[PDB]
Asker: 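Structure of interest includes dihydrotestosterone; see the questions below.
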Amino acid sequence: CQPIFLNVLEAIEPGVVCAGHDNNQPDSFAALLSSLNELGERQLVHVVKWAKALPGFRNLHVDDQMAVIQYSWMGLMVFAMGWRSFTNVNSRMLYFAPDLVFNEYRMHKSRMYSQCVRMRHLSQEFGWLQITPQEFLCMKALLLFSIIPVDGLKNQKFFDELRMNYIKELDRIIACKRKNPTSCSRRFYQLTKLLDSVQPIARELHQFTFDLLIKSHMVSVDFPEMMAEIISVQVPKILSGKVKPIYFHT
Amino acid sequence: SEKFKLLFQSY
Ligand SMILES: C[C@]12CCC(=O)C[C@@H]1CC[C@@H]1[C@@H]2CC[C@]2(C)[C@@H](O)CC[C@@H]12
C-alpha cells in the first residue's frame, strides 16, 4: 500500500520564499521588522495556495476557509520557520528566509528577543524529539485546524470532521514502524505537546505585531496591505478572546 | 476582510 495522504502533503509543500532584505545595510529595527512584514505577506500567498490544495479543505464553507487561514497563519509560519531553522542551520539561528537569518544580535534588535528564543527552543525541539519530515508535514497541516472562534464557524460540523481526519492520519504516521501501542501513545503525547507550545508563541507574536501596527507610523515600520488588514481585523479577535486555540492538554 | 478575499478567490 502507498501513502496517498503524505504524498499530497509532500507534493503541496511550498518552496523557498525570500524576504527581499538588504543585508548590505547595517541592521536596524525599522528595516528588520519591515522586512519580516514583507516576508509575512509573501508567505501568506503560499499559505493560501498550500491550504486550498489540502485534502478535503474545499469541503469547508468558503467563509470558514478564509477564516482558519486568517487565524492560524502565524502558528503555521512560525512552525514552518522553526523547521527550516533546524534543517538548514541546526537551530543555530532563526532561518526566516535565506536572505533573512537571525542571530542573537538580530533577535535583540528586533525588540522581540524573548519571543525569538522561544522559537529557537521550538526549533531545537525538532531535534531532541527527532521529528521526521513526515511528522512535520502532518503537524503543520493540523495547525490550520487548531484555532476556532468561540461563536463557532459558519459550518462547525465540517471543520470538526476534517480536523478529526487529520488527527487520524497523524495516528497512522506514528503507527507506522511502531508495533507497540504504548510507544504510539507516548509519541502522540510528545507531538501534541509540541503542537501546543506553538500557540503561546503565536499569542506573544500576535500581541507584539498588533502593537507594532498601531505605532508603525511612529517607528517607521511598513506593513503590507493584507498584513495590516488581517492584523487589524482578525488578530484583535484572537487577542480579545473571541477566537481561541484548541489545546490537546491543559 | 476584503483584500485577502480577492487573493483567496484567485488562488
Ligand atoms: C510570520 C513571520 C514571517 C514568516 C516566518 O517565517 C515567521 C515570522 C514570525 C514573526 C512575524 C513574521 C511576520 C511579520 C511579523 C508579524 C511582525 O510584525 C512581528 C512578528 C512577525
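Lettering: A, B, C, ... assigned in the same order as the sequence lines. To match the PDB entry, the residue numbers of chain A are left as they are there, and the shown ones run 669-918. Using the numbering of the PDB entry, the residues shown for chain B are 920-930, in order. Both counts, for ligands and for their atoms, begin at 1 and track the order of listing.
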Asker: What is the full set of ligands or chains that belong to dihydrotestosterone?
Answerer: ligand 1
Asker: Trying to figure out what dihydrotestosterone is stuck to here - the chain with the largest number of contacts. What's it called in UniProt?
Answerer: Androgen receptor
Asker: Are any other chains within heavy-atom reach of dihydrotestosterone at under 4.0 Å, and if so which?
Answerer: A
Asker: Show the binding site of dihydrotestosterone at 4.0 Å, heavy-atom contacts only.
Answerer: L701(A), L704(A), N705(A), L707(A), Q711(A), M742(A), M745(A), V746(A), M749(A), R752(A), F764(A), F876(A), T877(A), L880(A), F891(A)
Asker: Is there any N or O on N705(A) that sits under 3.5 Å from an N or O of dihydrotestosterone?
Answerer: yes
Asker: For atom 20 (C) of dihydrotestosterone, what is the closest protein heavy atom, and at what distance to 0.1 Å?
Answerer: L873(A) CD2, 4.0 Å
Asker: In chain A, which UniProt domain contributes the largest share of residues contacting dihydrotestosterone?
Answerer: NR LBD
Asker: Please state which protein non-hydrogen atom is closest to atom 8 (C) of dihydrotestosterone and give its distance, to 0.1 Å?
Answerer: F764(A) CE2, 3.7 Å
Asker: Considering only heavy atoms, which residues of chain A annotated by UniProt as 17beta-hydroxy-5alpha-androstan-3-one-binding lie under 4.0 Å from dihydrotestosterone?
Answerer: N705(A), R752(A), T877(A)
Asker: Starting from atom 6 (O) of dihydrotestosterone, which protein heavy atom do you reach first, and at what distance in Å?
Answerer: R752(A) NH2, 3.1 Å
